[PDB]
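Letters A, B, ... mirror the listed sequences (proteins, then strands); counts begin at 1. Values below: all heavy atoms of this structure, side chains included; hydrogens, waters and symmetry mates excluded. One-based numbering, in listed order, for ligands and for the atoms of each. Readers should note that the entry appears only in part, and the reported contacts come from within that part.
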Amino acid sequence: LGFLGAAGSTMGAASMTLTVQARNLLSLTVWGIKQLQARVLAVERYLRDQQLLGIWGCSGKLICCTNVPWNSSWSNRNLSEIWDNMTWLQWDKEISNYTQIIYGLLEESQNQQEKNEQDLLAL
Amino acid sequence: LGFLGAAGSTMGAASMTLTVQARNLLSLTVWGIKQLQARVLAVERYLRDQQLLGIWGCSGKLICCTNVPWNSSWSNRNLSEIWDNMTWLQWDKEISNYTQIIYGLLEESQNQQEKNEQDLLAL
Amino acid sequence: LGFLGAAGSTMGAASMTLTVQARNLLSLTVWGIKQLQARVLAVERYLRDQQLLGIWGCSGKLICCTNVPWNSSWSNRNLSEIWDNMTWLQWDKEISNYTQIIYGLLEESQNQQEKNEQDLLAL
Amino acid sequence: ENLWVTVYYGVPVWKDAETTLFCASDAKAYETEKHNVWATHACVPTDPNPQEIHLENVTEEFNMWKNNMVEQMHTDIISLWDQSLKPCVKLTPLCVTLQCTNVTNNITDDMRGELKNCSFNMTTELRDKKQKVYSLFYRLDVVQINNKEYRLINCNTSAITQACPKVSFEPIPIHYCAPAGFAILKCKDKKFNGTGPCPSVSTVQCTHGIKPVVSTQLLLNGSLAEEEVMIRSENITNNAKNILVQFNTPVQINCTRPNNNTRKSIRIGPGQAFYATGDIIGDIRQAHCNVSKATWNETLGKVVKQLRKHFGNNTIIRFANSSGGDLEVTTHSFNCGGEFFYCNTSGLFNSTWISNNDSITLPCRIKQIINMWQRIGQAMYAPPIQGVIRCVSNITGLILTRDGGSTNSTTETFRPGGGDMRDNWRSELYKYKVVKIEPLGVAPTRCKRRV
Amino acid sequence: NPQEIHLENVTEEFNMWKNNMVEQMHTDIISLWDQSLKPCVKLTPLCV
Ligand SMILES: *[C@@H]1O[C@H](CO)[C@@H](O[C@@H]2O[C@H](CO)[C@@H](O[C@@H]3O[C@H](CO[C@H]4O[C@H](CO)[C@@H](O)[C@H](O)[C@@H]4O)[C@@H](O)[C@H](O[C@H]4O[C@H](CO)[C@@H](O)[C@H](O)[C@@H]4O)[C@@H]3O)[C@H](O)[C@H]2NC(C)=O)[C@H](O)[C@H]1NC(C)=O
Ligand SMILES: COc1cnc(-n2cnc(C)n2)c2[nH]cc(C(=O)C(=O)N3CCN(C(=O)c4ccccc4)CC3)c12
Ligand SMILES: *[C@@H]1O[C@H](CO)[C@@H](O[C@@H]2O[C@H](CO)[C@@H](O)[C@H](O)[C@H]2NC(C)=O)[C@H](O)[C@H]1NC(C)=O
Ligand SMILES: *[C@@H]1O[C@H](CO)[C@@H](O[C@@H]2O[C@H](CO)[C@@H](O)[C@H](O)[C@H]2NC(C)=O)[C@H](O)[C@H]1NC(C)=O
Ligand SMILES: *[C@@H]1O[C@H](CO)[C@@H](O[C@@H]2O[C@H](CO)[C@@H](O)[C@H](O)[C@H]2NC(C)=O)[C@H](O)[C@H]1NC(C)=O
Ligand SMILES: *[C@@H]1O[C@H](CO)[C@@H](O[C@@H]2O[C@H](CO)[C@@H](O)[C@H](O)[C@H]2NC(C)=O)[C@H](O)[C@H]1NC(C)=O
Ligand SMILES: *[C@@H]1O[C@H](CO)[C@@H](O[C@@H]2O[C@H](CO)[C@@H](O)[C@H](O)[C@H]2NC(C)=O)[C@H](O)[C@H]1NC(C)=O
Ligand SMILES: *[C@@H]1O[C@H](CO)[C@@H](O[C@@H]2O[C@H](CO)[C@@H](O)[C@H](O)[C@H]2NC(C)=O)[C@H](O)[C@H]1NC(C)=O
Ligand SMILES: *[C@@H]1O[C@H](CO)[C@@H](O[C@@H]2O[C@H](CO)[C@@H](O)[C@H](O)[C@H]2NC(C)=O)[C@H](O)[C@H]1NC(C)=O
Ligand SMILES: *[C@@H]1O[C@H](CO)[C@@H](O[C@@H]2O[C@H](CO)[C@@H](O)[C@H](O)[C@H]2NC(C)=O)[C@H](O)[C@H]1NC(C)=O
Ligand SMILES: *[C@@H]1O[C@H](CO)[C@@H](O[C@@H]2O[C@H](CO)[C@@H](O)[C@H](O)[C@H]2NC(C)=O)[C@H](O)[C@H]1NC(C)=O
Ligand SMILES: *[C@@H]1O[C@H](CO)[C@@H](O)[C@H](O)[C@H]1NC(C)=O
Ligand SMILES: *[C@@H]1O[C@H](CO)[C@@H](O)[C@H](O)[C@H]1NC(C)=O
Ligand SMILES: *[C@@H]1O[C@H](CO)[C@@H](O)[C@H](O)[C@H]1NC(C)=O
Ligand SMILES: *[C@@H]1O[C@H](CO)[C@@H](O)[C@H](O)[C@H]1NC(C)=O
Ligand SMILES: *[C@@H]1O[C@H](CO)[C@@H](O)[C@H](O)[C@H]1NC(C)=O
Ligand SMILES: *[C@@H]1O[C@H](CO)[C@@H](O)[C@H](O)[C@H]1NC(C)=O
Ligand SMILES: *[C@@H]1O[C@H](CO)[C@@H](O)[C@H](O)[C@H]1NC(C)=O
Ligand SMILES: *[C@@H]1O[C@H](CO)[C@@H](O)[C@H](O)[C@H]1NC(C)=O
Ligand SMILES: *[C@@H]1O[C@H](CO)[C@@H](O)[C@H](O)[C@H]1NC(C)=O
Ligand SMILES: *[C@@H]1O[C@H](CO)[C@@H](O)[C@H](O)[C@H]1NC(C)=O
Ligand SMILES: *[C@@H]1O[C@H](CO)[C@@H](O)[C@H](O)[C@H]1NC(C)=O
Ligand SMILES: *[C@@H]1O[C@H](CO)[C@@H](O)[C@H](O)[C@H]1NC(C)=O
């Protein structure tokens, strides 16, 4: 329990405690200058993944299931040795080569069911 | 009509005019310093209830119906003496003892139909 | 391809490339002062149309279809001379007289299917 | 068999990342005020009860010598002193020649000039007329030029700026907090030497209270080791590297300025007052710090036991007094209630250790013109304190140094040493690492978005 | 043209002597005079 408490837990056990971390990421002298750039730096960094999480369609969600397959060349592991065996940090270090590829597939596949649903709305 | 115009109206009559208030909450000399902390203080205060309103699932809504009951020990009033009788300020003062309890139930109950819907998506 | 690349394309051909523009709008000396107001001015200007795009119900979308008709007195053109013939800048210049009218109909018509759906949830 | 990418938000993963930490000061102006050279008013209120989360299963790696939490606190205190010394008097008019005479002379002692009675010309009120004023100066701040004539030690190399007499110099604990989206990792190890894995980590919003007290040769009012004396050096085989000891039990050091001084005002210009020393009411005594002879003796045998873990179980370890340098590096200099002492710490480090109530009085002396440390052509004049100074504090460590010759020799000499207040901040912040939290993740889950 | 909305059926309580709108305008004008008197002449040479 607590912010980052499930940091050393396997991937599966740390997915139950997402709202602990998600609700903590937002919260003119020498002190005033460095207290004012801490506020600015904390809203622009929080809005950076809110925009990203919105071009993927997972706007107000902590877990969102997408329409892009795994390709099995990004990680050829089981669904059991990934979710109970590897922590989130290990998984990130392993899959860091293909995040910029998976991230670009997540938004090019969302503005494709946004026009397909826009075409289906006229019928 | 107008920002806060339905302030003295009963709870029921002031729920029809939500978009008036909701659309108004966002909008280096001695003047420049205090004009610059008015902008910063107004986006960080607006993002504080957008994040809160998002861990509850009511992301882009002005009225959102939740899956948590009222418990009848938070307020044992009718549904008619609450919605036409008490203004929003009166209701807030009366229910201020249990907001931190209701707020903590609203997000623990949203990341429970977010995993139930994630489990239901595989079947 | 690229930010604003489809600026001279007709309205129809520039609607396929929305995610290029949408993903680019966020991104104490004399240099420090003017680098700090560029960040502040760029998060507030981004939150002005996120809030607007949310009172209309199109929170996490790049194309949102609404429940308000066109009225045919705003522009009596075809659906083919508008979507393949006029660029977005031409359309904006032509329809600039009624944007503040269409914008106010988009939110008064969204907090009317937000109470209709709120009334339908009790039945 | 087929899987789909699902994004998670709020997954626990972090990276080391230097950022701009800010303030939390518990001791805000408790209806008492007296603004100081630091946080007080401007530092954000601190939590009544801070949250500490013990990250189980997790073994982080700390390096106390590549910490950017102390390279940022170093410049946060050079600029807290600059911003408080800009809005008050500049003592440029006091570069006159002084006609100093010994206060005692044939009064007491060997005719020592510990105090000089200097009279000079100054322009009071009108810029034409200049009347003859006088003040009491210490022998450490007047340089004879040749009842001879003197001059201030500083004003051929640095510019003096009298410290504003309303700000207080008493350090107030400071908590260094991190913005949202960052966290500070605390090593909860009891035997931590600032480098290597820490298998018992913790997460805190911001550090404990850190008094910004700067001293040399001895770390006063600091934090103590939980279990044993801890020796920490950047490169324990380099003589040019300082050694930071940390006491498990404090050694109390009392000292005073028993002279009942009296501040007097001299007008150096229109709307500008020079706060000199009028006279001394009573006997003229000497300042001094007191340390228990037995408590120091046993605490110095705990240090030599740990120094034997790095320098051979069978070796003779002897301490010696500082070799050379400024008066702040060769003497234990601190700041006791707005008065800067430079104590002669030669009776402490006068031992020799082979492998198998009484007090020590250290004759401190006072300085009034203070130069800035990592060096600039700048100085500060500290106006006299009217009264009798008496403060007691804890010694919580040492800053030692080794001398070359440990190639054939079977002995080690450990002269004390300070002068770099970056080694003052890392005797407190050694166990803190700032990390940044990355909350987005992807993972195959066999979900599928409903079309 | 400023907007003024009349809150009907609302009765607030005012205390003109615990207002912080005037304890903030007080220091906004002491520091508007300071910032305009720093960049010009200091008549120290006129103490003859
Ligand atoms: C290591 O840490 C210890 C404790 O944290 C410090 O000890 C403090 O030392 C300072 C400086 O001497 C003390 O402050 C001074 O105290 C004098 C006597 O204290 C009386 O008053 C206080 C406050 O009412 C009482 O709590 C106390 O019991 C005594 O009755 C005062 O006479 C001094 O007043 C002068 O300075 C203040 C502030 O500048 C002015 O407002 C006054 O008008 C007057 O000019 C001064 O307040 C402090 O009390 C000590 N605390 C303790 C717990 O002993 C060490 O100084 C510190 N050492 C180092 C090197 O940092
Ligand atoms: C006194 O040193 C300055 C003198 N003068 C100035 N300035 C003059 N004009 C301007 C604009 N600044 C200074 N600014 C920053 C200064 C510092 O932080 C600084 O070096 N120390 C502050 C802390 N410390 C002591 O307490 C001290 C402690 C034990 C023994 C002796 C002295 C060490 C040195 C500074
Ligand atoms: C420092 O020297 C000054 C002289 O400049 C002394 O002041 C004189 O003191 C005597 C005896 O108290 C008086 O009779 C004179 O009238 C004083 N003259 C002035 C101009 O003040 C002062 O007493 C000396 N102070 C110390 C501590 O020795
Ligand atoms: C302060 O200035 C006065 C003069 O205003 C100096 O007194 C003079 O000293 C010279 C020494 O050669 C004599 O010739 C003058 O007759 C003196 N004038 C007097 C006494 O009015 C005095 O020495 C100066 N003191 C300093 C510089 O400390
Ligand atoms: C300012 O004056 C002091 C004192 O006269 C100078 O320091 C002296 O330097 C000489 C040079 O060899 C030494 O012999 C003296 O021992 C020094 N004095 C003391 C008290 O240590 C200093 O160099 C001058 N500043 C300059 C020239 O920039
Ligand atoms: C000097 O050290 C003593 C410890 O010997 C400090 O007194 C302790 O203070 C802590 C909290 O600060 C208490 O939990 C202990 O119970 C105290 N012990 C005793 C024996 O008093 C004292 O505050 C220190 N003084 C300083 C740092 O100025
Ligand atoms: C230091 O000297 C001052 C004198 O300047 C003392 O203050 C005097 O104290 C006595 C009795 O305590 C009073 O009768 C006087 O009226 C005081 N005079 C002034 C000018 O305040 C002070 O008490 C002395 N301090 C110590 C510790 O002896
Ligand atoms: C430093 O001063 C403190 C008091 O400020 C001394 O503590 C006293 O120690 C004696 C032991 O002889 C006790 O009887 C007293 O009760 C103590 N007083 C307090 C207030 O705790 C301490 O002994 C002094 N130490 C040195 C080395 O001078
Ligand atoms: C450290 O102590 C030693 C001896 O205890 C001091 O050595 C003296 O150094 C001076 C040079 O300035 C010589 O003239 C003396 O003959 C030395 N004395 C002895 C007994 O050898 C040294 O001055 C002390 N230094 C400090 C900083 O305390
Ligand atoms: C600090 O104290 C030491 C010893 O208490 C002093 O050392 C003296 O140094 C002189 C010459 O440097 C010798 O003639 C004496 O014999 C030494 N005394 C002892 C007891 O060894 C030292 O001078 C003092 N001051 C400094 C600056 O070191
Ligand atoms: C360090 O300690 C030694 C002994 O503990 C001191 O030796 C002194 O040497 C002189 C030589 O003239 C003798 O007269 C003294 O009697 C010795 N002291 C004792 C206690 O016997 C030495 O002076 C000390 N050095 C310093 C700098 O304190
Ligand atoms: C899967 O990944 C490989 C690796 O680059 C890539 O060549 C391929 O286009 C991707 N898509 C499919 C369907 O395999
Ligand atoms: C993957 O899961 C299957 C399911 O039984 C198991 O037989 C197989 O050994 C697993 N693979 C690994 C590498 O654990
Ligand atoms: C309702 O509120 C009471 C009051 O504390 C609490 O004890 C109880 O757990 C809540 N839930 C239910 C179902 O009553
Ligand atoms: C609550 O509503 C019912 C509905 O008829 C009514 O009978 C009852 O008197 C109401 N209670 C109060 C306290 O008004
Ligand atoms: C501009 O005109 C040329 C010629 O017809 C056409 O090929 C081109 O597509 C037009 N502009 C854009 C952005 O397509
Ligand atoms: C359409 O636009 C006209 C032009 O102002 C307006 O009078 C009318 O109310 C609008 N609505 C309909 C249904 O025509
Ligand atoms: C509008 O579209 C119809 C569809 O065939 C076409 O007949 C008509 O000419 C078009 N009008 C204009 C102005 O292009
Ligand atoms: C830490 O590792 C131990 C090893 O067995 C395990 O029991 C424990 O569950 C791990 N930590 C957590 C939070 O699960
Ligand atoms: C003051 O005392 C020192 C001690 O050596 C002496 O050199 C100096 O000449 C004395 N000055 C006066 C004015 O007596
Ligand atoms: C006490 O000091 C003496 C020398 O002064 C030393 O020989 C002895 O080892 C010390 N005792 C302890 C317990 O450190
Ligand atoms: C003690 O001496 C032994 C010699 O056998 C040495 O190995 C060890 O490092 C020394 N220090 C200890 C044991 O703490
Ligand atoms: C205040 O009371 C009057 C009198 O009944 C009523 O007409 C009015 O609606 C009330 N306030 C509001 C905001 O409606």
Item to check | Top contact chain of ligand 2 - most pairs under 4.5 Å, the PDB entry | outcome: Envelope glycoprotein gp160
Checklist entry - At ligand 2 in this PDB structure, which drug or drug candidate is present? => result temsavir
Next on the checklist: Help me out: which other chains have heavy atoms closer than 4.0 Å to temsavir (ligand 2)?
Outcome noted: D
Item to check | Organism in the entry for chain D | outcome: Human immunodeficiency virus 1
Checklist entry - What makes up the binding site of temsavir (ligand 2) if contacts are defined by heavy atoms under 4.0 Å? => result D/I77, D/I78, D/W81, D/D82, D/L85, D/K86, D/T161, D/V214, D/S333, D/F334, D/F340, D/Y342, D/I370, D/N371, D/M372, D/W373, D/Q378, D/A379, D/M380
